[PDB]
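Summary heading: complex between cidofovir and Solute carrier family 22 member 6.
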Amino acid sequence: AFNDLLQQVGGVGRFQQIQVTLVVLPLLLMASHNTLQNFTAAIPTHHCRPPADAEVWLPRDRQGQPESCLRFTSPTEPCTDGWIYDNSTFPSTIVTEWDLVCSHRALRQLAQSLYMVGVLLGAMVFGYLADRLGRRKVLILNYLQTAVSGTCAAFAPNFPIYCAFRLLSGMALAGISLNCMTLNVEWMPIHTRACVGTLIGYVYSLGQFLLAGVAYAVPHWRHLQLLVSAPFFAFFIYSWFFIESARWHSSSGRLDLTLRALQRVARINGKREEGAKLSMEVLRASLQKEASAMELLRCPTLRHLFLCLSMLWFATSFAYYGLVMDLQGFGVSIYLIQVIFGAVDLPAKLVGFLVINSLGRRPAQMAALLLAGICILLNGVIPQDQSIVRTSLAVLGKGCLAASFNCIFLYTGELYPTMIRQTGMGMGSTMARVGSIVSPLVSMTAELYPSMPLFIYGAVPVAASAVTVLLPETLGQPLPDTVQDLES
Ligand SMILES: Nc1ccn(C[C@@H](CO)OCP(=O)(O)O)c(=O)n1
């Protein structure tokens with residue numbers, strides 16, 4: 001009956017209207033910190049450096065554009081003398097610093113994959129150490145780490161240092177992302193748990209506008225990294241005034257701390273009379289009523305349901321974080337493609353919340369996944385000459401993939417039983433990060449063919465859009481209680 005207590009103290013009061021916004025404000029920067037290897041690691045046009053023994057020194061081909069690997073040995077040799085990058089649009093990036101061109105093309109992908117290898121470990125470690133130390137105690141440490149290892153990478157003199165510090169930044173953000181929602185949904189009432197679940201996805205897709213603005217205001221990569229990883233100091237200085245969630249104190253056993261927190265919340269809300277009316281016996285008599293991750297195995301009815309959902313999660317995340325990168329090659333500047341990839345997410349949700357309720361979950365999911373797969377696969381056929389009909393397919397695929405996220409999140413929840421639903425969505429979201437790890441590794445093979453990555457990104461969602469023909473429909477039904485009554 002804890003919700004009745006929360007309603008007694010005031011329900012949704014000024015305390016919530018302050019702490020909720022102060023905790024959800026630091027998610028305007030996660031979009032910037034995720035898709036940064038588009039403005040901080042761009043690749044400008046480059047050609048070999050002629051020896052200062054003096055124009056006609058480069059074996060140009062393919063419509064006259066100079067080669068990028070040979071230098072006419074005598075007036076067909078590897079460069080070994082540094083390159084001469086252009087400085088008209090990208091004055092400085094990572095690839096300009098450490099010469100990641102024509103022999104070390106895999107290093108950008110290695111950095112982007114090492115940033116995402118340190119989001120899995122983050123979501124694991126800072127999720128295990130959150131319900132054992134405190135939500136606020138972990139928020140403070142993460143707000144600190146994501147700025148003591150995110151501005152010390154903007155001053156790195158080597159490549160491995162940059163890689164390791166980006167890994168640590170990802171490790172911190174992967175704990176901020178969990179603890180935000182976990183702490184935020186515990187001080188709200190029970191009837192407003194879905195109005196705060198669609199606010200961490202409505203302010204999440206506003207970081208892309210901020211990125212398209214900032215990265216255009218500040219082109220250099222060191223200044224950009226520093227200016228994007230600086231405000232976490234301000235977000236950390238005031239991170240001591242947060243109030244710990246009373247439900248965690250209640251679960252841990254210590255009830256006097258819960259009573260103190262509730263009295264403080266009552267004083268803040270302006271209900272001192274009912275706050276002092278609260279006592280120890282009242283709480284002891286009102287809250288006296290108060291799942292293995294391996295049980296998914298050795299149980300066919302659960303394993304058969306887990307495999308399909310894992311495949312759907314993986315395919316969606318893989319296609320998404322394979323498409324949202326490589327904004328170069330559409331004939332239009334990146335500062336205009338970002339503000340179009342981030343402004344097509346409103347219709348992709350207004351239609352997702354209009355097709356699932358009218359037909360179901362299976363048809364909407366399958367349609368979104370297959371249409372995104374086709375729109376992705378069709379770009380690896382049309383030649384790069386077209387530039388008006390080659391970005392529309394990209395924006396359509398991105399919208400369809402966002403709709404796929406928003407539908408699979410609800411479907412996985414409504415599908416599982418009620419006791420294992422907490423550790424089912426966890427194992428389902430974990431498989432949405434192995435996808436983001438293996439997504440940039442595939443883009444390395446673009447050396448073997450100029451379109452094989454685009455073909456790989458197009459076939460996995462299509463091969464996954466045929467898995468939903470094995471899952472039960474769950475529109476207009478009661479949520480299944482146990483594994484026994486889960487039949488149809
Ligand atoms: N758990 C999730 C869910 C969604 N997105 C992508 C995000 C920006 O496109 O989606 C915004 P929305 O689906 O409208 O909430 C993500 O990166 N991680």
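The residues of the chain are indexed from 1 along the displayed sequence. Counting starts at 1 for both ligands and their atoms, following the listed order.
Within this structure, cidofovir can be identified as ligand 1.
Residues of other chains with a heavy atom under 4.0 Å from cidofovir: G201, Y204, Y320, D345, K398, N406. Entry annotation: the source organism of chain A is Homo sapiens. Transmembrane segments of chain A (UniProt order, N terminus first) with a heavy atom under 4.0 Å from cidofovir: 5, 7, 8, 10.
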